[PDB]
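Lab note: 16S rRNA, eravacycline bound.
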Amino acid sequence: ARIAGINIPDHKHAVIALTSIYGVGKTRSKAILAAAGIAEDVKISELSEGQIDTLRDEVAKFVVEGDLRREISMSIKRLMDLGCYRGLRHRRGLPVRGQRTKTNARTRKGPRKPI
Amino acid sequence: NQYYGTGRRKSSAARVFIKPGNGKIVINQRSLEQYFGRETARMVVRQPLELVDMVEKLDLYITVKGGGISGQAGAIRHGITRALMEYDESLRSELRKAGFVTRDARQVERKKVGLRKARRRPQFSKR
Amino acid sequence: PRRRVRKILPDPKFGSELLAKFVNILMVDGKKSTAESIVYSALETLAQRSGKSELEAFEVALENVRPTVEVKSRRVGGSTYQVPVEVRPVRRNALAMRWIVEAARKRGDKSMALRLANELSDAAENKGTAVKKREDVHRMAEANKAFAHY
Amino acid sequence: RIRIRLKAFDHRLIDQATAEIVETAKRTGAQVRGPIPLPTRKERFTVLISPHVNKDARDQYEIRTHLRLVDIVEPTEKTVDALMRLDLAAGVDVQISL
Amino acid sequence: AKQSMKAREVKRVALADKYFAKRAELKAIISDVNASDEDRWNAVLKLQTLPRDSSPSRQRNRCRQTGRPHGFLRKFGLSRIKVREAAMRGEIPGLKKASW
Amino acid sequence: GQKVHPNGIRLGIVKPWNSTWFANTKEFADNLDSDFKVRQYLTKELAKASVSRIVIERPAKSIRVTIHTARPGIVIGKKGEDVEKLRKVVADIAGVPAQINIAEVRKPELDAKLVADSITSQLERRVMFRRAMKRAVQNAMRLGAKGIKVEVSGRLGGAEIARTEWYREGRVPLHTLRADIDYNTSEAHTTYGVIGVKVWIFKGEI
Amino acid sequence: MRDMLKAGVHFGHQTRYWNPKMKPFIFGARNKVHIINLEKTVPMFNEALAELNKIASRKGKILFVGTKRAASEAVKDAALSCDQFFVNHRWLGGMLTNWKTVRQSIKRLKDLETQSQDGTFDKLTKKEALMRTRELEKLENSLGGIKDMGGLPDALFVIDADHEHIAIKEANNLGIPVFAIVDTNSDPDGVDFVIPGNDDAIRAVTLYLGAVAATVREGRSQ
Amino acid sequence: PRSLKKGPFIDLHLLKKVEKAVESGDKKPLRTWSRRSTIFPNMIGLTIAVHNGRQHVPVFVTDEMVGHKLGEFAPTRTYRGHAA
RNA sequence: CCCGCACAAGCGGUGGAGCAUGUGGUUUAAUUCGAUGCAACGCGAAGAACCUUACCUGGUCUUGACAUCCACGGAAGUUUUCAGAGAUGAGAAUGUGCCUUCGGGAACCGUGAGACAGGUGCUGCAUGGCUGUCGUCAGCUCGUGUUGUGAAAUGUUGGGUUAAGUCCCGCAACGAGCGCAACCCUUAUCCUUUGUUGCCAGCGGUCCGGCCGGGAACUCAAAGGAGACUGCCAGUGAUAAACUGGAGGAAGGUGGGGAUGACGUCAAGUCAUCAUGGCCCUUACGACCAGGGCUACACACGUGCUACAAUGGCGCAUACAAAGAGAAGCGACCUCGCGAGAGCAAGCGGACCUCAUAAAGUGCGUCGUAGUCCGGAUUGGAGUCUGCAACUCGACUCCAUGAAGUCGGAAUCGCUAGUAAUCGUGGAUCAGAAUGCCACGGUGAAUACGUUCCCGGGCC
Ligand SMILES: CN(C)[C@@H]1C(=O)C(C(N)=O)=C(O)[C@@]2(O)C(=O)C3=C(O)c4c(O)c(NC(=O)CN5CCCC5)cc(F)c4C[C@H]3C[C@@H]12
Ligand SMILES: [K+]
Ligand SMILES: [K+]
Ligand SMILES: [K+]
Ligand SMILES: [K+]
Ligand SMILES: [K+]
Ligand SMILES: [K+]
Ligand SMILES: [K+]
Ligand SMILES: [K+]
Ligand SMILES: [K+]
Ligand SMILES: [K+]
Ligand SMILES: [K+]
Ligand SMILES: [K+]
Ligand SMILES: [Mg+2]
Ligand SMILES: [Mg+2]
Ligand SMILES: [Mg+2]
Ligand SMILES: [Mg+2]
Ligand SMILES: [Mg+2]
Ligand SMILES: [Mg+2]
Ligand SMILES: [Mg+2]
Ligand SMILES: [Mg+2]
Ligand SMILES: [Mg+2]
Ligand SMILES: [Mg+2]
Ligand SMILES: [Mg+2]
Ligand SMILES: [Mg+2]
Ligand SMILES: [Mg+2]
Ligand SMILES: [Mg+2]
Ligand SMILES: [Mg+2]
Ligand SMILES: [Mg+2]
Ligand SMILES: [Mg+2]
Ligand SMILES: [Mg+2]
Ligand SMILES: [Mg+2]
Ligand SMILES: [Mg+2]
Ligand SMILES: [Mg+2]
Ligand SMILES: [Mg+2]
Ligand SMILES: [Mg+2]
Ligand SMILES: [Mg+2]
Ligand SMILES: [Mg+2]
Ligand SMILES: [Mg+2]
Ligand SMILES: [Mg+2]
Ligand SMILES: [Mg+2]
Ligand SMILES: [Mg+2]
Ligand SMILES: [Mg+2]
Ligand SMILES: [Mg+2]
Ligand SMILES: [Mg+2]
């Protein structure tokens with residue numbers, strides 16, 4: 001139920017429930033459950049508190065949640081402080097990976113700012 | 001002994017060998033049920049024999065290459081029809097009336113220059 | 001067209017050209033096998049809820065959704081008059097089947113087979129959006145009964 | 001066995017060239033398998049025909065490569081002599097394999 | 001195309017022929033799994049020092065009649081425009097207008 | 001509208017190719033380029049010899065060039081001396097041993113290229129375009145053309161506004177694929193720029 | 001004259017439709033119908049036969065133009081017995097004035113005629129051969145009479161100057177003497193030798209046609 | 001990125017200018033057009049004046065820059081806003 | 001009075017979202033040039049990291065990068081060093097050939113003149129050529145004749161009829177030409193011939209694999225034929241053309257699809273493919289180089305792709321294509337890697353080998369209507385490969401991230417059948433770089449009462 005300082009959904013299959021953790025996608029979720037010897041399709045509600053403790057130990061091997069959030073934040077901060085091209089793109093809120101800005105780039109730019 | 005018919009439909013060609021028997025149908029070394037999952041495909045194959053009432057009086061040995069499920073079922077139907085008319089020439093008018101004798105000559109129309117497909121034109125804008 | 005010039009094959013399970021046409025109306029993207037499975041699933045459910053046969057229970061749903069009359073925008077100077085026209089029998093079925101499918105797609109049940117069985121059972125008892133559209137079409141034809149003869 | 005593969009862009013040339021090859025071989029105590037008509041390669045080319053723009057204005061061209069296989073079985077020495085002194089039409093590529 | 005642009009292509013083809021074997025030998029070392037890190041490093045540095053125009057990727061296929069750098073067809077060695085002109089005069093063997 | 005090239009559309013139907021060699025992709029572009037250089041050389045060198053058509057064959061490791069000419073004696077020369085000069089140069093260009101054959105054009109008034117070249121020669125010598133066109137048409141029809149069309153386009157008579165003028169006699173059925181339409185073009189390089197000539201000669205069906 | 005009115009040369013057309021230029025050859029308006037004056041007719045009919053003899057004894061050509069559904073038969077007999085030429089269906093406008101062109105249709109008929117007899121028809125297809133078969137029949141109805149007539153005519157015997165206004169106008173332009181059966185309802189101006197006559201009754205037509213048959217035949221006899 | 005089996009790319013001309021600079025302790029900026037060169041550890045402390053298309057932008061190399069290309073620190077496009 | 005997806009009847013879209021892409025604009029040192037209503041805007045470009053490249057900044061050259069001629073030295077080359085971003089400059093090794101009348105040569109190099117070269121500089125409104133467009137619309141004309149003082153008319157209008165100035169009939173027209181149709185390619189049926197690399201019906205095997213003897217049947221390959229003509233029949237129609245049915249037939253009324261574009265129109269597009277009159281530059285508007293730019297981003301428009309889910313997502317299992325490409329190429333098998341890939345290394349210039357596995361489908365399971373087990377944008381980290389080189393600015397992979405989006409206002413687009421819709425597959429260009437383009441099959445609809453209306457057009 002409570003893993004990595006968040007409430008994982010009890011009703012969902014374990015493979016999906018563990019993807020509520022920031023830093024656990026489908027692949028890591030499958031690896032955690034494989035390493036714990038828990039089947040993917042077991043609902044979290046159906047697991048014993050012994051099994052939840054094994055899941056906590058497997059999740060602890062990965063960087064997740066606030067630790068991952070701080071790593072990502074630090075990685076962007078590093079770029080922005082360097083003043084490298086990617087850093088400047090982060091600062092300006094423009095695409096960082098070569099994409100066109102003549103059109104699109106709306107994910108980065110946000111909604112259209114009319115003149 | 002063995003009455004033959006070639007049948008074709010789209011890009012499929014079927015080789016149908018009909019002998020007196022008890023309603024055996026082999027298609028590419030598989031049963032009709034194994035070869036075609038679709039009941040429409042199975043219906044298409046059985047149509048000629050159901051029409052002439054020889055469903056359990058003939059063994060069919062069929063090979064079929066090319067096209068898809070529906071193409072192959074239609075190729076087979078055309079092949080059975082032609083095999084039946086080699087077996088018994090009086091069946092032609094009944095099979096002709098059912099539409100089974102015709103080689104359905106509808107083929108994929110080629111893609112053309114300036115069109116997205118055969119006829120689908122790119123979207124126009126006034127300006 | 002300016003110069004006035006296909007034959008549907010009957011469906012495998014039941015031998016109906018009307019149900020073959022129904023599958024075609026339900027079908028999207030050439031996926032006839034998918035459409036066939038939905039219709040035969042829906043008709044099993046419909047035949048189990050009524051005790052009437054699949055085609056018979058289908059015909060009762062069509063009975064209640066088929067329009068007799070509809071309007072046609074027939075422009076005859078100035079404004080355009082909605083003219084009540086008799087719906088010919090093939091178009092009666094066509095509209096009924098289209099409305100049922102349109103209605104079933106709008107419903108909130110899980111699968112289309114269930115949505116469709118519900119709409120067909122609702123059609124049989126005169127309590128769906130398909131029956132409603134027939135009533136809507138009839139009242140607009142009733143409201144423009146003045147403009148027959150056009 | 002002498003395998004002769006003939007290629008040409010004209011089928012009338014390739015049919016003349018095979019006719020001569022089956023003639024010379026069958027004269028000279030050889031058993032000729034063929035000519036076998038192997039699949040024609042249709043190589044297609046689509047070009048814009050305007051010097052500028054007009055993307056939908058195009059020509060579609062095709063080079064058909066016709067292909068014939070002749071096999072000379074249990075070839076005589078007279079056979080092999082006569083085949084090499086034949087002179088097929090320019091326009092027919094002749095690949096011999098033994 | 002300008003005469004100079006045609007001349008640049010001739011230069012690039014000539015250099016690519018001249019250095020082909022040397023470049024291949026250097027890139028074999030750089031690619032090689034079993035080579036030393038020193039030998040791979042030195043080979044990386046050596047491949048830089050060769051003329052850039054010795055790389056085949058520097059060559060642009062140009063129409064052999066006009067020098068046009070766009071619309072090339074490799075079969076003919078010509079731009080689309082010169083293919084069509086030659087095609088219609090019967091100068092490209094086998095080539096005719098296609099329908100199917 | 002724009003019209004299909006009359007020669008090109010008839011290429012497997014009633015009209016032969018001018019290059020009749022086979023090649024795989026490896027040699028194909030090289031052969032076209034050598035053919036181009038051979039035709040370029042010969043067209044220039046035999047500008048006064050009334051050359052209609054240069055047919056190129058490549059038998060084995062060689063080139064065979066048939067020069068269709070209205071004036072074969074001038075091409076061949078004095079005991080085949082001039083054609084031997086051509087052969088040596090063609091062999092250098094092609095980079096393979098060359099044979100040059102000379103085919104005679106018996107009727108240069110029915111040869112679209114020679115008619116086109118005749119008109120452009122006259123236009124460069126400031127003959128009135130209408131006179132050149134009319135004689136070309138008259139001569140072809142006298143010598144048994146089933147029809148002829150001549151089109152001349154550009155700054156006719158050194159006019160500022162370019163125009164197209166054409167004359168037709170007889171039938172010139174360009175949509176009939178079995179029609180033996182001899183078609184060719186020429187450019188007159190005048191003091192006011194390029195006048196283009198097009199000649200279509202119909203010589204019956206099939 | 002007693003036979004002219006037995007034949008019915010006497011009774012002209014109704015008075016409603018008359019041409020006033022034909023009044024000198026109208027004796028009565030008896031019973032709402034103009035009656036042609038035979039005393040004007042017979043002197044004028046014989047001087048027509050006089051000149052037809054003088055033309056036909058110069059050994060020239062007569063063209064029997066009579067293109068109505070009643071005289072088409074007799075003009076195609078009074079020119080065969082006579083050994084002369086006829087037009088018995090639609091006069092093609094420009095037959096004489098555009099003879100240069102219309103002679104090319106004569107030449108095409110003669111090609112098609114040989115093709116029918118030889119059976120180059122049989123060698124060609126159903127579509128092709130039956131098209132040139134029908135083309136033969138169409139050319140024969142129009143130009144069957146004037147096929148063996150490589151030259152503009154020397155006379156133009158006409159029945160009804162009203163119907164053959166085109167033919168007469170053509171003959172007047174080229175300087176060919178017309179010999180028209182000009183009716184009461186018809187213009188005599190262009191005609192050279194006016195024969196005042198009922199131009200419709202088969203029996204009236206046959207009578208004229210036997211006289212012009214003879215006079216030309218007698219021209220050829222001498 | 002350049003495959004690890006090939007190692008980091010540096011232009012030989014820059015590599016030798018850096019080696020000379022470090023060996024001499026020369027603190028004059030190294031003028032380069034080699035934007036594509038990887039920043040190596042031995043470049044740390046050098047000013048490298050990297051061409052941006054029209055100017056040589058002084059890049060004082062720090063340890064965090066190692067592994068980046070020099071061109072990353074010399075932006076080539078000038079933009080100050082549309083309504084500026 | 002007619003026609004055309006013109007409308008109507010339908011089905012699916014666009015317009016809203018994210019992204020791709022083009023354009024405008026703005027910005028910039030430069031964002032190279034061109035295309036601009038339909039008929040510009042995934043257009044020239046069938047593929048901008050460098051190159052390409054035409055632009056910018058800076059570094060450079062001046063008879064020149066690319067020709068011919070002359071003179072004067074030199075074989076050409078191959079090595080290698082320093083400086084330089086490179087262009088290039090300064091060298092140092094090592095050649096000493098090929099024809100030879102033994103005088104010469106002329107191979108390919110400098111170098112010095114100057115006659116010239118050079119120009120993607122300008123004018124598409126000086127042009128050729130090529131192209132778009134009305135429109136594959138059924139038209140447009142001519143000779144001769146005739147009519148009119150004449151511009152002109154007639155033919156070509158009219159009655160029927162046709163997809164069609166198609167055909168018939170009438171007719172001062174008679175004929176003809178260019179268009180229509182046909183001839184061409186492909187597709188649907190059959191026959192003959194040939195039978196490997198394709199094929200396997202019957203045999204004989206057999207390790208179960210057409211695998212091997214064999215067989216030449218069949219599929220198929222591809223040459224040559226046959227076949228469809230309103231030919232036949234009935235009715236209708238003017239004793240017409242034709243039309244409406246019917247038969248037979250694989251196919252039926254132009255069977256389906258393509259190619260094929262009349263006279264002309266828009267001074268339409270292209271002097272940047274090329275060519276070309278004129279003009280202009282000539283130690284520069286030419287030429288070489290490195291780096292940058294063409295990829296910029298308050299924004300507007302066009303064309304697409306991917307979605308928004310349950311007719312679906314995911315997992316597992318498992319069917320059935322066509323077309324095509326390949327030698328500095330396609331690359332199997334095996335091994336290694338989670339994977340992109342890597343390492344070995346067969347085969348194949350191909351009906352043989354390889355790309356290569358079709359996917360939708362089907363079966364079973366799961367999810368249970370949620371911003372989700374929908375979506376997959378964005379961003380972090382780590383990689384792979386091509387390539388001298390992926391910072392600006394590549395594609396791809398892995399882990400993580402998990403945006404907008406709940407079917408889109410006015411308006412607007414495509415499509416009449418193997419079509420639309422949907423599903424994969426291939427190719428050109430190309431080192432690498434497709435959601436574009438061109439092509440290929442699979443599954444496979446709905447609807448058309450009609451011609452009042454909207455748009456374009458034809459005839460009087
Ligand atoms: C697409 N568009 C913008 C127009 C458009 O819509 C259409 C259309 N038909 O729809 C068009 O015609 C156009 O495209 C077009 O092509 C044009 C020209 O050519 C042109 C031209 O060349 C000159 N030329 C000169 O006066 C040259 N000079 C002589 C003395 C010195 C200068 C003058 C001139 F007014 C024009 C008109 C344009 C109009 C243009
Ligand atoms: K997660
Ligand atoms: K960008
Ligand atoms: K032009
Ligand atoms: K006229
Ligand atoms: K110019
Ligand atoms: K760049
Ligand atoms: K796209
Ligand atoms: K869009
Ligand atoms: K999700
Ligand atoms: K890049
Ligand atoms: K939308
Ligand atoms: K590529
Ligand atoms: Mg990008
Ligand atoms: Mg398709
Ligand atoms: Mg497009
Ligand atoms: Mg191939
Ligand atoms: Mg040039
Ligand atoms: Mg390239
Ligand atoms: Mg990385
Ligand atoms: Mg509509
Ligand atoms: Mg949108
Ligand atoms: Mg632009
Ligand atoms: Mg312009
Ligand atoms: Mg320009
Ligand atoms: Mg305009
Ligand atoms: Mg560049
Ligand atoms: Mg250096
Ligand atoms: Mg110039
Ligand atoms: Mg223009
Ligand atoms: Mg007209
Ligand atoms: Mg016509
Ligand atoms: Mg054939
Ligand atoms: Mg029929
Ligand atoms: Mg046609
Ligand atoms: Mg203009
Ligand atoms: Mg550059
Ligand atoms: Mg661009
Ligand atoms: Mg998902
Ligand atoms: Mg490829
Ligand atoms: Mg592939
Ligand atoms: Mg599935
Ligand atoms: Mg249509
Ligand atoms: Mg697709
Ligand atoms: Mg019309």
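Within every chain, numbering begins at 1; the chains are lettered A, B, ... in the order of the sequence lines, protein sequences first and strands thereafter. How was it done? The header gives electron microscopy, 2.2 Å. Excluded from the calculations below are hydrogen atoms, water molecules and symmetry mates; all remaining heavy atoms, backbone and side chain alike, are included. Counting convention: from 1, in listed order, for ligands and their atoms alike.
The ligands or chains that make up eravacycline in this structure: ligand 1.
Other chains in heavy-atom contact with eravacycline (ligand 1) below 4.0 Å, by letter: I.
Covalent partner of eravacycline (ligand 1): none modeled. Other ligands and ions with an atom less than 4.0 Å from eravacycline (ligand 1), by number and name: ligand 26 (magnesium ion), ligand 36 (magnesium ion). The residues of other chains having a heavy atom under 4.0 Å from eravacycline (ligand 1) are listed as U36(I), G37(I), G124(I), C125(I), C266(I), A267(I), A268(I), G269(I).
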